[PDB]
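Report on the structure given below.
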Amino acid sequence: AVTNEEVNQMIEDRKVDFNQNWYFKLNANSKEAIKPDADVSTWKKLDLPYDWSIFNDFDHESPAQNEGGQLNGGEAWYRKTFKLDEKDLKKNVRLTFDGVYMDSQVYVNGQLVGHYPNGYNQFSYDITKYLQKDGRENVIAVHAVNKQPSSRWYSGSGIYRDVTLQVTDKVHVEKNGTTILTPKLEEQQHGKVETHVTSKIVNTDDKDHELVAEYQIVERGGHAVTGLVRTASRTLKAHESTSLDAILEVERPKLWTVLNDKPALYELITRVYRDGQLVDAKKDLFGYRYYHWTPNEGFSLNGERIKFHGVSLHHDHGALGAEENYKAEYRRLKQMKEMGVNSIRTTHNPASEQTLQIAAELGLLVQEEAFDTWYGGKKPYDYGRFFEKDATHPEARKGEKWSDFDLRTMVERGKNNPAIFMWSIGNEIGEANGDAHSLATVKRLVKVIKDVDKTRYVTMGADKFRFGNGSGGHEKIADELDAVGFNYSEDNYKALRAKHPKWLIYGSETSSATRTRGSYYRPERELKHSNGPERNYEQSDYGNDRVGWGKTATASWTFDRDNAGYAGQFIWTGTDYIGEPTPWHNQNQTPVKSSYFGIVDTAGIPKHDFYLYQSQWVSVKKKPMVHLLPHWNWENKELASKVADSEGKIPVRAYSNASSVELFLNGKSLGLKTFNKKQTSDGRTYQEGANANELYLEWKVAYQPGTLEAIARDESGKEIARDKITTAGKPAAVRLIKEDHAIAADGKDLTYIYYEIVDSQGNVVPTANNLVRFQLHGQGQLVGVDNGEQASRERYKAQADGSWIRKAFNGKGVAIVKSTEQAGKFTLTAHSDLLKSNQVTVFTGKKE
Ligand SMILES: OC[C@H]1NC[C@H](O)[C@@H](O)[C@H]1O
């Protein structure tokens, strides 16, 4: 009866983007916010998402302290009015918020729909009953509160992720109603794979209805791989719900994996019939993958043994603040992928829809984390105070606490995403010590998950294993998990592995090395928690700085590499984030406001350890590379004195995955050096330099201005890669570098344009801190500027006079430009005092 074209249209119309045409006002009058025909002339008209804190100036007296990035919170209201189309009058209406930070209240036409404490977990409300008859307009009012301190990192404030509207028939697939399982995949993979699908269907009508479900699987952006599979027609009574199911068979599916960068994804199409009429249709993304994990060998995915080469990530995007954005998150996860990362940990909260989708699309395994605390709390205004309180969500189950409800809904939201393979039910929970309360809580939380989903490893990240020999009552908590996460506990691994030979162990959080891009200090030393005044609020890009409880990249990686029973690690952190500026943590009269832990700075510019990791994790066949550090501008006595050795030479180091690297200074060879080849005690091959603690090759080079060039060669002496560093003259010009020639004209897509301070020959001046002023013309919108410098107190956003400015830091920074909905172009022009100006143009229009 109904066309495939029509079913796709129904699917498309089922969900709309609801981000547009909101009004915002900080400290607005409650009664004014929720009331109809209110005076919004005093409010800011905007499109969501919108993190209000990122527009503040830094405040040394912020109750957030520097750990929260010294950007204030407070309270505010967002307000939207909308009319249902005539044809949608009797339809079910659901409003989904991907994240609101935090402690929120939603009002529809004057009445309180729900109060939702969690600042990161997605929540939705059926608002059908709160709507007007006959189609007069409705008022959505959202109140968001960030009372500080509520966070150990920058949170942002408000509606920082998308909001979506679902308009469905009275008879429909409930929110998160789809379950897709492939329980015999390993066995069936070379033939027909049984795909067990389940739909929770609800009948919100007051009449009884006859119900049939019809399923089909298709390749995402590909063709159908099944026909239609029908369920038996059964009665669904008024105000009742039921689970339908079916088995579909897919022949030799392409298996989702981290081992390529465009893994195979599938979608289940669900068609719902109400008395033989197609009334509801839906798609659900999933993949075919299987995995196994043993105590002594670690992890394997579709039968291929791998290690988690992983990073921890906070949610902010530097100059974007907490505003989640598809392009921003894609950019960052693609960068992680380019580094050889195959796994992410969403530290320490539920992820956005963007993150989860992009992980599935790029082939990144995900640990999704529910809690940074249990009933104890870490910060006065964090989640702890809500953990054991009864959930008041209208769809909460009897006896559900917020912890129960929030854990359950997170798992229901993500149970079909192929990228997720671990659920974490806590990071460094101090209360989880093995006492009767904590033991009862771990079992309860494990079971909440298991009642939804048994296919993924339940875990926690625990730093308790680093104290003494690692033992204690917390071992009783670990015994209840599928896999035991070790925060910074490498030193006790041997002993703990001997004690618990059945544990699946990995590094849930490692390193916490601290680094500032382009800054260098005492390369000959390892520096522990070095935060003296002589450091000038910077840390060393040689990667020789680490916090008291931390390890260098080399120390934390070599240990992982050498032990098969330690399945991998999630480095703290993959990128910098606003807040937590250890080792100047909560020294609030100091200038620092953002992190040093990132492999990549907040502006998306990699620090040198990026290439260290790339050299270890990306095969010489996939991407031959060689990367040199430090810079070659040593004219400054102060800078050079901190770096030069006792003979005044500069330690020049190369990371490479090649067999050999030869360093040249101004055309003249300083020697070919060869990586030592070694094997792990279980027969895996690896390369190192002069000793076990050096993954680079080093030359002590006496300082002559000019050019360092490194030639990387395969075993047969064939050149496979080059890298070059040139001494720069004095600043002469600002140069702009486009990442994109064009982006989509959807008002959502954006582009990153780097600016560099260059000398007259076009070399980057690696020490340059020049102020740059920006002009934008055409069909675009500036939405951020950044240089990643931790000690900077510069605005990420427009100045109070509407201007856009930012200093270079160590030669570089970035400007971020969002598209509009009009096709055309925009031109970014950059100016700096007494330097040559430059412009670039980026086109906008059609999406790929
Ligand atoms: O080393 C910093 C790191 N410590 C461990 C915590 O889990 C992280 O959020 C962060 O605070």
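Numbers here are sequence positions counted from 1. Below, each value reflects all heavy atoms present in this structure, side chains not excepted, and no hydrogens, waters or symmetry copies. Going by what the header records, the deposited coordinates were determined by X-ray crystallography, 2.5 Å. Note that ligands are numbered from 1 as they come in the structure, with each ligand's atoms numbered from 1 the same way.
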- Message: Would you let me know which chain has the most contact with ligand 1, using the name from the PDB entry?
- Response: glycoside hydrolase 2
- Message: Just checking - which of N-butyldeoxynojirimycin, R-warfarin, 1-deoxygalactonojirimycin, UC-781 is the one at ligand 1?
- Response: 1-deoxygalactonojirimycin
- Shortest protein heavy-atom distance from atom 10 (C) of 1-deoxygalactonojirimycin (ligand 1), along with the residue and atom involved: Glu580 OE2, 3.3 Å
- Message: Quick test: of every protein heavy atom, which one is nearest to atom 9 (O) of 1-deoxygalactonojirimycin (ligand 1), and how far off is it to 0.1 Å?
- Response: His348 NE2, 2.6 Å
- Sub-4.0 Å heavy-atom contact, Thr347 with 1-deoxygalactonojirimycin (ligand 1): no
- Message: In this structure, does 1-deoxygalactonojirimycin (ligand 1) have an atom that sits under 4.0 Å from one of the heavy atoms of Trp153?
- Response: no
- Item | Numbering as shown, the atoms of 1-deoxygalactonojirimycin (ligand 1) that approach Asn427 to under 4.0 Å (heavy-atom distance) | 6 (C), 7 (O)
- Message: Is it the case that 1-deoxygalactonojirimycin (ligand 1) has an N or O less than 3.5 angstrom from some N or O of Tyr577?
- Response: no
- Message: If you measure every N or O of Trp549 against every N or O of 1-deoxygalactonojirimycin (ligand 1), does any of those distances drop under 3.5 Å?
- Response: yes
- Task: Could you check atom 4 (N) of 1-deoxygalactonojirimycin (ligand 1) against the protein and tell me its nearest heavy-atom contact, residue, atom and distance included?
- Result: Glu509 OE2, 3.6 Å
- Message: Can you name the atoms of 1-deoxygalactonojirimycin (ligand 1), numbered from 1 with element, that are less than 4.0 Å from a heavy atom of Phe597?
- Response: 1 (O), 2 (C)
- Which other-chain residues have at least one non-hydrogen atom less than 4.0 Å from 1-deoxygalactonojirimycin (ligand 1)? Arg152, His348, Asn427, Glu428, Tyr488, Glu509, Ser512, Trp549, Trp572, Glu580, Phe597
